[PDB]
Participant: 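Lab note: structure loaded, ligand of interest is primidone.
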Amino acid sequence: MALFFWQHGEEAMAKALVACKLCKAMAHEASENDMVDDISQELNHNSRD
Amino acid sequence: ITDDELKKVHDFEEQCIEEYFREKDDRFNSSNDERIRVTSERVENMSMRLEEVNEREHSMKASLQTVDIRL
Amino acid sequence: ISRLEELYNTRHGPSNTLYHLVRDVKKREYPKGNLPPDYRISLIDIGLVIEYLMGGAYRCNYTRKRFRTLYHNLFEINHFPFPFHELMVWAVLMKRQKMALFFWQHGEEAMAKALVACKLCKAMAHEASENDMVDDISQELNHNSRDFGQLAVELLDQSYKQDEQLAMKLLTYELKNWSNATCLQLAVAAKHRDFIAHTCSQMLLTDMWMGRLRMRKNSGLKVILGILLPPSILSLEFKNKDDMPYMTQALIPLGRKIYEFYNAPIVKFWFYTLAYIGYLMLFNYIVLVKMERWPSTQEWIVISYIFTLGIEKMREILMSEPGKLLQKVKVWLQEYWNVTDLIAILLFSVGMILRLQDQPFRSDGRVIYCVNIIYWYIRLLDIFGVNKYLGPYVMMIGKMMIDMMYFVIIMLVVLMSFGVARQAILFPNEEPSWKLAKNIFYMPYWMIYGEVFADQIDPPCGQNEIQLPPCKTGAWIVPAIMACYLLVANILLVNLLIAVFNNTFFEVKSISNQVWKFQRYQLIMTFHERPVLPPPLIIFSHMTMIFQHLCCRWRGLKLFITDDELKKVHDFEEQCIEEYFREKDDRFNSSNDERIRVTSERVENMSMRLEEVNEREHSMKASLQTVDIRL
Amino acid sequence: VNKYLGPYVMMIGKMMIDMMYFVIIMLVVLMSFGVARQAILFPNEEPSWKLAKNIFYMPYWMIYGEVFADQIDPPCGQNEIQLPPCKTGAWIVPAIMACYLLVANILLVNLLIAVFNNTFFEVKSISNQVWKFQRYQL
Ligand SMILES: CC(C)CCC[C@@H](C)[C@H]1CC[C@H]2[C@@H]3CC=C4C[C@@H](OC(=O)CCC(=O)O)CC[C@]4(C)[C@H]3CC[C@]12C
Ligand SMILES: CC(C)CCC[C@@H](C)[C@H]1CC[C@H]2[C@@H]3CC=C4C[C@@H](OC(=O)CCC(=O)O)CC[C@]4(C)[C@H]3CC[C@]12C
Ligand SMILES: CC(C)CCC[C@@H](C)[C@H]1CC[C@H]2[C@@H]3CC=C4C[C@@H](OC(=O)CCC(=O)O)CC[C@]4(C)[C@H]3CC[C@]12C
Ligand SMILES: CC(C)CCC[C@@H](C)[C@H]1CC[C@H]2[C@@H]3CC=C4C[C@@H](OC(=O)CCC(=O)O)CC[C@]4(C)[C@H]3CC[C@]12C
Ligand SMILES: CC(C)CCC[C@@H](C)[C@H]1CC[C@H]2[C@@H]3CC=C4C[C@@H](OC(=O)CCC(=O)O)CC[C@]4(C)[C@H]3CC[C@]12C
Ligand SMILES: CC(C)CCC[C@@H](C)[C@H]1CC[C@H]2[C@@H]3CC=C4C[C@@H](OC(=O)CCC(=O)O)CC[C@]4(C)[C@H]3CC[C@]12C
Ligand SMILES: CC(C)CCC[C@@H](C)[C@H]1CC[C@H]2[C@@H]3CC=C4C[C@@H](OC(=O)CCC(=O)O)CC[C@]4(C)[C@H]3CC[C@]12C
Ligand SMILES: CC(C)CCC[C@@H](C)[C@H]1CC[C@H]2[C@@H]3CC=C4C[C@@H](OC(=O)CCC(=O)O)CC[C@]4(C)[C@H]3CC[C@]12C
Ligand SMILES: CC(C)CCC[C@@H](C)[C@H]1CC[C@H]2[C@@H]3CC=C4C[C@@H](OC(=O)CCC(=O)O)CC[C@]4(C)[C@H]3CC[C@]12C
Ligand SMILES: CC(C)CCC[C@@H](C)[C@H]1CC[C@H]2[C@@H]3CC=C4C[C@@H](OC(=O)CCC(=O)O)CC[C@]4(C)[C@H]3CC[C@]12C
Ligand SMILES: CC(C)CCC[C@@H](C)[C@H]1CC[C@H]2[C@@H]3CC=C4C[C@@H](OC(=O)CCC(=O)O)CC[C@]4(C)[C@H]3CC[C@]12C
Ligand SMILES: CCC1(c2ccccc2)C(=O)NCNC1=O
């Protein structure tokens, strides 16, 4: 859904960089709060995408 | 930058998004794996339509032989 | 039973090494010898064969008293409840790989069957290499072991993909048809390194490590703060009462919190580590400071540590897997650290007995203490082996010693040649004395490490400065051969060992990572079975257990799941097998090679049918032309 | 700020973490040889803080080409001026010296050479990207 919404609308570069920041931040927060490690890996993958 | 240049960079960003998406589509359509898959499938269908063509050609040959026998 | 005995006694099909295994277990059981040619191999002997190959405390269902009673009374009671299991074992034993792979797909408990097959294949490969058979048989058996291991790894991947918790239940549940074992225990008994180093089993081992503590964030430090400060335990977050209870045998909240904390294996390990570090500094204090006639309080604490640790090592020997004590010792000798610990305990006992006497034996006991202090420092590498960076480093050093040994041998040859040449030129009138070997080995060995002994390279002699003693004949060869020795030592051999250590780095690093991830299980289950109290206070837990044993005489961390959950894990295991097989079929059908081949063929046929179509179209065109000419 | 020296400093920064484990194993082996040598060669010492200095002093300089050749195997228990008598078990002091000098100078340093070389390429690429990243911060 995020990749679909990235295509539509303006300011796609800032939207992509903000999404990469948010994904890395929630990956770090999920690793810090002792959640499932697969969630942190998938959030890091979304940040890299 | 101003509203005018904002409109310009928004147009630039949309051209960049369309060019990137359809260049990815061109790369995917020209890869060896997708070409082999599309071919394989196309070939699969061909044979099936040509087997139908062979059966209908046998029927047409039998009809032509019967018409030649009648006349 | 009779049909399976006839299957085990067949002579058709490919060759096998089963007869050698039956001969070896018959020679071991009744020390006879070679079997008669007309020998009918009973399934009891197959049971002993399975027990010998699987090793440890494995007890095949054939050798149990129920099956021997059924055998004595008969040679649906004679029908096997799980026939695919015995068929699988039959196939794996007589080296029919495709039949075993077919029987792996059909039936339940496919994971335990695959791990047992990998164990059996590796064991017969080792036995075929030991008995000097054909090496191709050993290679093919190792290939079959690796194929069954890859099957189990892919099944584990599918179980982790579908549902996590029921996959843990698959990994932990007791296998009644496999000597009451566990899939994890079978993956460790078969030395399956890829199975244990998988991320699911690693986090299972991490969950097993932490006991009943949630924690998992900056771990180790809060464990140490709980150890050193007993009122720091109540601030730690504790897991639920029923969230993952791995056990072996299936006010008050404060006492439950204390009991759950102090029985956690990480807390028990850090207890043992702090007690060990305290013992090491108490050993340092008694060896640096002078020793009186009687031992001090610190020496008494060190002696108490050594002897309680010795009784604890004897406890690890007695509470082991086999039933016969020689096999218990043979199992315990696999861990080399335990053997060197026992040797160090005996050496400290000899040193203490020599120290408690008078001179000149007290100094000898002090010296034996000073040699033991070296090993008790070196044991900190195994203590640090629990770390995810230091453990593989220690394993890597272990691999690198074997590469160093050949350098040591070539080094010894060149060093001994230069030592013999220098001592035999510069000293031409010596007498038979043991100082000649010391003069051979002394100077060249320190020549390696930056000390060339510059005062004695080419000393000025045969001149008056005080008159120097005359020159020994041929002494000028002593510098020149020195030059050669210093080159081959310092620029050739050390640089070659640098290249050896660097080129064997990557493979040894990956193997050290997998072996550390494998022996994490061994660390966890050894430290779960250990008593709560540290080694200096372990005598209390030991008398406690001795009194409990006497009271009982007067009167694997599994899950022990039920028939219902057994049905659930069997359904899960069948979904995993079907998903893995048809995902392999999807991968094979979507590969480029198979698509190109299927196309090529389809095209081949097309042309042939279209050539027939062209000929029939020519015939139809001729018929239409004739019909148009007629009308 | 330089395009050659900056990644070199970042690379040294990465290499310190690889050095730390060598330092730990080095500390264990060095402390064992220091305790053994001080506790054999000095059997009548008193509680004093010089014992730790004698533990840490000689083995650490033994790593860097100074084996202290005058004090490896000093001649004693003989008349030359009469030398003081031999300490008991002093012949173990050279032999364990041999082992310590091997594991220090041919095993551990060569292993750290291999560690630094095998982690060179990835750390070099990461140092290049981190330098190019922190150019903005500069
Ligand atoms: C679990 C680990 C990380 C910490 C626990 C170990 C320390 C608390 C121990 C180990 C060595 C001990 C020392 C060993 C020897 C001595 C000499 C001892 O002095 C004497 O016996 C003579 C002088 C006097 O009686 O005061 C005083 C205690 C002290 C410093 C000890 C203090 C406590 C130490 C530091
Ligand atoms: C279990 C061990 C390995 C680690 C935990 C540390 C403490 C529980 C122990 C170990 C060393 C012990 C010390 C060793 C030596 C001494 C010297 C001792 O001094 C005397 O006995 C001198 C006076 C006299 O002669 O009566 C007093 C106890 C003390 C400080 C001990 C206090 C308790 C310590 C710190
Ligand atoms: C103070 C002087 C005498 C120097 C002491 C040198 C040796 C007594 C030490 C130094 C480094 C040690 C090695 C460091 C690493 C390892 C790997 C480790 O091996 C394993 O973990 C595999 C064995 C197993 O656990 O089954 C322990 C043995 C070994 C070779 C050690 C053997 C003893 C060594 C050679
Ligand atoms: C990598 C390979 C080639 C290493 C091989 C070296 C060792 C076999 C040599 C090198 C230095 C030798 C030691 C040098 C000096 C001594 C002291 C010597 O002590 C005595 O003779 C007692 C009286 C005295 O000290 O004068 C006993 C032999 C020993 C330990 C030697 C034993 C053999 C050693 C360890
Ligand atoms: C070929 C390589 C692999 C090994 C070479 C080993 C040498 C270093 C050994 C083997 C024979 C040894 C000799 C065999 C016999 C003796 C007599 C022995 O005489 C005594 O002990 C007499 C009483 C005394 O003075 O103690 C002194 C050592 C010596 C010269 C040995 C010195 C060391 C030698 C030359
Ligand atoms: C694979 C490598 C590491 C094996 C190396 C083995 C040998 C090279 C070592 C092991 C035992 C050593 C011996 C142990 C004890 C002695 C007694 C020592 O005797 C003296 O020094 C006599 C007193 C004196 O006059 O100094 C001479 C060296 C020698 C033969 C050593 C020579 C070197 C030896 C044969
Ligand atoms: C890797 C390359 C660069 C090595 C080249 C080094 C050699 C060519 C040199 C280094 C040390 C030299 C030796 C140093 C000392 C002497 C003793 C010297 O003896 C005498 O003059 C006899 C009387 C006396 O000893 O005073 C004869 C030459 C020689 C063997 C030299 C020969 C040439 C050597 C072997
Ligand atoms: C004169 C004697 C006391 C020797 C001095 C040794 C140390 C004080 C120096 C020598 C090399 C230095 C290191 C060289 C390179 C780096 C990388 C550099 O790290 C970074 O750029 C990352 C940190 C950041 O900027 O966020 C600065 C720290 C460090 C580890 C340095 C830390 C301090 C070290 C160990
Ligand atoms: C890679 C790892 C294993 C390195 C570990 C080595 C250090 C922990 C050691 C090695 C040399 C030691 C030093 C050697 C000598 C001294 C002088 C000493 O000074 C005094 O005692 C003052 C009076 C005097 O100088 O006599 C104080 C300790 C110190 C700095 C020592 C502190 C600890 C050091 C730095
Ligand atoms: C196990 C490894 C990781 C660490 C080992 C550390 C040792 C090198 C330490 C720990 C205990 C220390 C001892 C603890 C107590 C004392 C008493 C202390 O006595 C005094 O200070 C008395 C007054 C004076 O003479 O200054 C002298 C140092 C000493 C022997 C310490 C020397 C250094 C020791 C052996
Ligand atoms: C990861 C690595 C680098 C950590 C290394 C830490 C220790 C090995 C160092 C850090 C602080 C050092 C201590 C700092 C100061 C001293 C006092 C010093 O005291 C004296 O020399 C007393 C005066 C004299 O009689 O010489 C003895 C060494 C010692 C204990 C040092 C021993 C080595 C220590 C414990
Ligand atoms: C002596 C070392 C140790 C130990 C401690 C921590 C980790 C591993 C081993 C112990 O203190 N007692 C039981 N077993 C042992 O060998």
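Each chain is given a letter, A onward, matching its sequence line's place in the list. Chain A is numbered as in the PDB entry; the shown residues are, in order, 630-678. To match the PDB entry, the residue numbers of chain B are left as they are there, and the shown ones run 1162-1232. Chain C is numbered as in the PDB entry; the shown residues are, in order, 485-515, 523-566, 607-781, 834-1048, 1056-1145, 1157-1232. Going by the PDB entry, the residues shown for chain D are 969-1048, 1056-1113, listed in order. Order of appearance sets the numbers: ligands from 1, and atoms from 1 within every ligand. The analysis underlying the following values was restricted to heavy atoms, covering all of them including side chains, and did not include hydrogens, waters or symmetry mates. Readers should note that the entry appears only in part, and the reported contacts come from within that part.
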Participant: Just need the ligand numbers or chain letters for primidone, all copies if there are several.
Facilitator: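 For primidone, that's ligand 12.
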Participant: Which macromolecule does primidone make the most contacts with, named the way the PDB entry names it?
Facilitator: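 By the greatest number of contacts, it's trpm3.
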Participant: Looking at primidone, which other chains have a heavy atom under 4.0 Å from it, would you say?
Facilitator: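 The other chains with a heavy atom that near are C.
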Participant: Look up the source organism of chain C in the entry and report it.
Facilitator: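 The entry lists the source of chain C as Oryctolagus cuniculus.
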Participant: Which residues and nucleotides from other chains come within 4.0 Å of primidone, counting heavy atoms only?
Facilitator: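 Counting heavy atoms, the site comprises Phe852(C), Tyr855(C), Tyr859(C), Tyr888(C), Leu892(C), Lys896(C), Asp924(C), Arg962(C), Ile966(C), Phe1117(C), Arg1120(C), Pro1125(C).
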